[PDB]
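The model presented next includes prostaglandin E1.
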Amino acid sequence: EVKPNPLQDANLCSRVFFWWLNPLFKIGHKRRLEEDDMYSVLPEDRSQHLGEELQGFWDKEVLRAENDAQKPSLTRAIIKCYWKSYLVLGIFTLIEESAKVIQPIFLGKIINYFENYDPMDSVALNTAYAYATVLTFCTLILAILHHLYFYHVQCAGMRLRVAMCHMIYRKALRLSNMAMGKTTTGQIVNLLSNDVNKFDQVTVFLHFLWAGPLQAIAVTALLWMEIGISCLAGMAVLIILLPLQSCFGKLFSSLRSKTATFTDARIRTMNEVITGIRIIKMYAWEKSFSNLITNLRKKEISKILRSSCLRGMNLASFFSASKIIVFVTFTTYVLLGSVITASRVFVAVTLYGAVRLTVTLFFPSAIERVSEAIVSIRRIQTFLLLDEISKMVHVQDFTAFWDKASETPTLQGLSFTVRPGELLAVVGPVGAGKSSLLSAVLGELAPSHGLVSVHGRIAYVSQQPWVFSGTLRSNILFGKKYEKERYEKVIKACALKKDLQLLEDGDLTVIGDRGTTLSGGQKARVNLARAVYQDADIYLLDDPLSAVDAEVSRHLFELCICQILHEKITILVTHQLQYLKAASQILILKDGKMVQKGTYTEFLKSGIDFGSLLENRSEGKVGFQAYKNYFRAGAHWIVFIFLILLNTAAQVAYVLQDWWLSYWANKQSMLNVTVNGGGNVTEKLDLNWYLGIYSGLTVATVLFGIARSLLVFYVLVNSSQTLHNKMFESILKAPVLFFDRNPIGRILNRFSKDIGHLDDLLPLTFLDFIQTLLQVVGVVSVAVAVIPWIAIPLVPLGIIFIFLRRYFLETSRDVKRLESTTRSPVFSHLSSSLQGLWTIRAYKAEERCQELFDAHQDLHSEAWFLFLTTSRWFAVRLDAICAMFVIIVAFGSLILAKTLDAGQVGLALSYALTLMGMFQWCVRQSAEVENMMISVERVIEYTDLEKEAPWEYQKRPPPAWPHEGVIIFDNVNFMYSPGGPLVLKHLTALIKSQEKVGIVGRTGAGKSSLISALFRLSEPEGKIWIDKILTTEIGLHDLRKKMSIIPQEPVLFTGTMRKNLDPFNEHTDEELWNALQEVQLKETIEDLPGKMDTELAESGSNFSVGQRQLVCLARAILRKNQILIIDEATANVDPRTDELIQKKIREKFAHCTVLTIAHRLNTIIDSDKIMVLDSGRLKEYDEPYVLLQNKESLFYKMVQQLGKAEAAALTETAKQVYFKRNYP
Ligand SMILES: CCCCC[C@H](O)/C=C\[C@H]1[C@H](O)CC(=O)[C@@H]1CCCCCCC(=O)O
């Protein structure tokens, strides 16, 4: 019982006020919260019991539905299981709705007291005090019960999600062969990522579904009995607000998809240009790339601006709907010929605002959440309805089918009998049927016809390794007893001493899955150890030495097989004669059947030959520099001043609307009391003038809101576009060191996540936070204007709020980080367990994996529950502060009743009763903005990235230079970092004139050094001369574009063949035709009609290495180059095309300087001079005579180590080329 759980012995007062989160917050504020400081879940929150009971209900419902010939459902089971928990919360929901509906009644009863107020009447004062006390009490119980019910619903949804994921895992752990072949890991991944997550959100409004219409009808009847028939216009407007918002959301989703497809295209293009950034940087093709990038960016930003304007119009309509409804209803009421009373007006506006908020917040969210939950439940149901699964070996023609589509038998002839001590070898080509046997013996294969007889425990060894998360010792011993001799034999017999002397703490270390720290060799070692640790009788393994060195695998065989498995039943699958020495029996598979079984001797003497067969985020608040840069990048100071003035004018108009409304109410009350208070002459107030002023103020505030929203959206979109353009221009001119240090995945993440955030979530959240803050500021200003005494308690309340917000965020950040870092291991372990379902079903040890998944889900639910409790405590505190402020305002207004009219107190109370919920929404929006500002910070930091030398200086190069292309070596080297490593030193030689020259280099001892020094991507150490002219005057484009690239990554470009060969196509088509007919390129493209503008894909979907190298040589000869480089061309090439392109490049490029890099030793013979590089130093750069005459040179030893026949061939070719070169 480690990590005891709080709130288990707490009373009702501490549970209803969340007073048990004091020690956790006190620990999280002083230091960092780890995984050991968390609080365990409740006993009823365990995954095991919930999963078991929900699975029981599911199977009971399935049986009840199948017994009566109907299809089973899971929603009915969920209802029958959680109705006891839902009906209890329904009563609290109904009580809360009734309280929220009756609150405006007491509000109006309080406001009506000031109309007929009498300072000499005690009954009215007592009634007003009682009504104020009742209002305070109902507000308090509302603010409490709302968060209580929210926390209860969140806990119920979390438990439901845990139970559902447990059932899904339990059902996936029992899948059959067809189910395993019909489902992919990513399917279960997105299932457990979306379906169980929607359950935590659908339950929030599952009760609002029915709470909506009842509250709406109640408020409608109240407004009716209050004012009359003038509610019809408001109800009609509220009704027609739904289809307009529906079409607006549909158009917004369409525009969002239209921008998302372009965003995906741009992300793919960016990844393609970044993964091969050296290719574009050398060819100087940045111009056309930037052109197409800005073209796609504009094509996307058009729809982005359209969607932003649509969202701004929708937000302005949602914000002004309350004012429009109020104005329309009041115009309809005045047109009837009645009087205006402050209490009824305030009740009407409050009820209308509440109904609008409800209808436009809960109802559509409820509908969409219920639809998503129903879809998820149906998906889970159709996923769970799949087909589940049901001392010597001896079989009699067990004929089973693996491909049920074709009823033909796939493999026959099963007759095997082995004795204790035999070693059996299996050899076969691809698709021979070894996996069929390994699955039939283990029972994975469905029995159709035959016999399967095995005795004792049996284990399975997959061809690919498998492991779960945790330690290494218990991983190897698999939860069994840590026995001495067994474990010691396995560890000394698995070549683990080197691993342990390279490991941290032996087998007691925490090692993750997915190979984050373990290579293939040691992984095969540990899986072989976990397989042979059980010491079963029959052992079936499938080549566990595929990813390990040969001699060590043979040694491991000699230590394991004849020592531990020498008395066990072993049927091994071999590859070739390297493992046919200790094998007593051998079985071969030919087109699904065998011919005979016997000793390796009987099979060898028969004449059978197998040759035909063969991260440091800124902790705290973001600095103001990022905000200033983000505001100045897309807008100027005048634009910001205009936006601030527009927002201020909009807020002022929104305030003066209600101000003039209350003023007109007070004027009408005064007119009534003067015409009824002993007055004969009547003066009816001019209704047209007041109606005109009201309509003018309404249209003014509506236009102001629309304009400020449009301006905010435009400014934010322009700022995002400018930031993206600046980042692109800074990365395009950045050196290759930035791409070498930061991997491609980091750049992809920074280009995807930050861009998507700034495009979708930043503008809407920012404008919502700004609008809510402006509303709160206006409410506070109205409160201080009505009562000047509210400004006194504003300082302590504000200080307490700021301190509480900081104290809560300091812990919420760490809690969210822990939740994010604990959510992914669950899915990782799920994928790892699903990848090795064969070994799990074979070992019959599903209980261990089930318990591991249950513990992972328990930890995840624990972190989620801690986060929910922290958020609920913060919300309770915020609502309590707001309620206390409302109580203080109401008391201060009721005390000074002699100097306050009815309209003033009514407006003050109506404005104070709107802070509840709105305040916490503003706080959460500010928190989300501060959390998302890290993307803007990273974008600005990437924009402020240092640039290298300019592309071209003021000195224009001549149209003939370079003419010769002579390079002079004068102490030139390369630097990987300023003041870092250095291998090359004192490199000096002399090159020939327009004739072949060669550079030799061995693997691992200067390869990367030579590629860096010869290509010269980064600024190298030393002074470089091209034809004895200084190099520090022009960038990389005009100088390092004359080389031909022969890397492991061929020419990959998407689009028309023009942009692939020459994106600027300065020359006409005739020379291009001639060059492609010279390089034999047309005969391959004759197939498709896209001779010139065909669509090509990346990563070589339909392209081979051959035609790619051919078109590369074609582009090289099109560039009209005088320097040519070839290296490491014998990696992924076919011999035919290899010799073809070799002969072609030999006969063609024979008129100028050819800088051939010598990776092999046969292609260098056609050169003239070679300098031998060793440890970053050359010996001599002369003809091969000095290296073939002197015997102590290293060239001689390479000649021997490359083979005697190859030695004779190379020396023969050398003598030949020397004889044709000296005396022609
Ligand atoms: C009087 C309402 C009490 C609850 C808080 C409510 O959210 C009010 C605030 C509005 C804000 O003024 C505009 C807006 O969008 C808020 C509502 C947004 C959604 C609130 C529910 C939570 C959710 O949507 O996940």
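We're sticking with the PDB entry numbering for chain A, so the shown stretch reads 7-396, 408-631, 689-1298, in order. Order of appearance sets the numbers: ligands from 1, and atoms from 1 within every ligand.
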Subject >> Chain with most contacts to prostaglandin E1 (ligand 1), per the PDB entry >> reply: ATP-binding cassette sub-family C member 4
Original post:
Which residues of the other chains approach prostaglandin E1 (ligand 1) to under 4.0 Å (heavy-atom distance)?
Top reply: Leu363, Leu367, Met990, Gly991, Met992, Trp995
Subject >> UniProt transmembrane segments of chain A with a heavy atom under 4.0 Å from prostaglandin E1 (ligand 1) >> reply: 6, 13
Original post:
Which residues of chain A carry a UniProt ATP-binding annotation and have a heavy atom under 4.0 Å from prostaglandin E1 (ligand 1)?
Top reply: none
